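Drug on board: dexamethasone.
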Amino acid sequence: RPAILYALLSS
Amino acid sequence: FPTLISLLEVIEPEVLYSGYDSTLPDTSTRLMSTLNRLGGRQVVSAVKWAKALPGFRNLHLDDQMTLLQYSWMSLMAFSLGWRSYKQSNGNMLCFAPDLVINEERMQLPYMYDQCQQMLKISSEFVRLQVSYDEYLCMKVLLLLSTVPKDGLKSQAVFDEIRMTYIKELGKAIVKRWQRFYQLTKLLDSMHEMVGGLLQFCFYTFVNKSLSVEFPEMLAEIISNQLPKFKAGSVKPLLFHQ
Ligand SMILES: C[C@@H]1C[C@H]2[C@@H]3CCC4=CC(=O)C=C[C@]4(C)[C@@]3(F)[C@@H](O)C[C@]2(C)[C@@]1(O)C(=O)CO
């Protein structure tokens with residue numbers, strides 16, 4: 001799982 | 001009560017600026033590194049667009065992630081195909097207003113082939129005389145067009161979101177069988193046209209000699225995507241067999 005993309009979607 | 005088409009209109013990102021300085025000599029390594037940097041930015045813009053997308057937020061995160069990972073290339077190539085269609089009637093790739101790629105600079109090494117594939121998308125817009133509204137609904141359906149073989153977590157919310165935008169494209173056709181048939185086949189051919197850009201992406205990404213730069217955003221997306229395509233666990237949604 002790609003961390004930046006992941007963090008962007010759960011903001 | 002404002003139509004979905006008019007919402008799509010207002011969440012549509014304003015085109016990004018590359019900042020390419022064609023004062024320095026054109027080389028294929030530099031130009032590819034610039035495309036990817038402009039690309040990483042376009043993608044952040046597309047995450048904002050997806051988040052503002054009626055319904056998209058109702059998926060589980062694992063789903064929202066899966067879908068942007070599996071369709072980013074399709075989204076950006078589709079928009080680039082549009083930009084080239086509007087701004088130059090499909091003659092030249094309009095990557096940004098400050099970056100156009102004429103066949104002077106298709107003649108650089110590595111560039112011709114990949115620029116042909118991208119123009120192909122552009123010329124389909126030319127063939128079918130796509131509308132702006134047709135394009136917008138089609139672009140959403142692109143986001144929803146590649147899934148894992150094991151399917152999603154929240155398949156249910158997903159099926160109804162695709163249902164909505166299918167209707168919406170329907171509308172867009174008419175506010176302007178055969179038309180809808182043609183456009184959904186255009187969607188189907190995006191997987192093939194995009195598999196080959198993906199393949200060139202993966203080539204540049206892995207090839208040490210070539211030294212092409214990718215931003216950290218992309219690099220992590222591409223790095224996580226490359227194993228899943230190796231395994232062939234990535235499932236295209238097709239309208240037609
Ligand atoms: C053929 C491939 C496909 C290209 C991508 C096609 C889709 C796209 C459209 C844009 O407007 C911004 C950048 C991207 C998102 C992209 F143009 C760059 O990344 C460069 C790219 C990957 C490529 O040229 C390379 O892999 C060069 O590294």
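Letters go in sequence order (proteins before strands), and every chain restarts at 1. These values consider heavy atoms only, across backbone and side chains, with no hydrogens, waters or symmetry-generated copies. In listed order, ligands and their atoms are each counted from 1.
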Q. For dexamethasone, which chain gives the most heavy-atom pairs within 4.5 Å, and what name does the PDB entry use for it?
A. Ancestral Glucocorticoid Receptor2
Q. By chain letter, what other chains have any heavy atom closer than 4.0 Å to dexamethasone?
A. B
Q: Find all atoms of dexamethasone within a distance of less than 4.0 Å from any non-hydrogen atom belonging to B/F200, and give their numbers and elements.
A: 1 (C)
Q: May I ask you to list the atoms of dexamethasone that are less than 4.0 angstrom from any heavy atom of B/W72?
A: 15 (C)
Q. Which residue supplies the protein heavy atom nearest to atom 24 (O) of dexamethasone, what is that atom called, and how far is it?
A. B/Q114 OE1, 2.4 Å
Q.
Please list the nearest protein heavy atom to atom 6 (C) of dexamethasone with its residue and the distance rounded to 0.1 Å.
A. B/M73 SD, 4.0 Å
Q: Run the numbers for me: atoms of dexamethasone, each under 4.0 Å from some heavy atom of B/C201, listed by number.
A: 26 (O)
(Q) Evaluate B/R83 for polar contact with dexamethasone, using N/O atom pairs at a separation under 3.5 Å. (A) yes
(Q) Any idea what organism chain B is from, going by the entry? (A) unidentified
Q. Considering only heavy atoms of B/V212, which atoms of dexamethasone have at least one such atom less than 4.0 Å away?
A. 28 (O)
Q: Identify, by atom number and element, the atoms of dexamethasone in contact range of B/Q42, meaning under 4.0 Å from any of its heavy atoms.
A: 9 (C), 10 (C), 11 (O), 12 (C), 13 (C)
Q) Which heavy atom of the protein is the closest neighbour of atom 19 (O) of dexamethasone, given with residue, atom name and distance? A) B/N36 OD1, 2.4 Å
Q) Which dexamethasone atoms are under 4.0 Å away from a heavy-atom of B/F95? A) 11 (O), 17 (F)
Q: Please check atom 4 (C) of dexamethasone for a protein heavy-atom neighbour under 4.0 Å.
A: no
Q: Give the residue and atom name of whichever protein heavy atom lies nearest to atom 7 (C) of dexamethasone, and the separation in Å to one decimal.
A: B/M76 CB, 3.6 Å
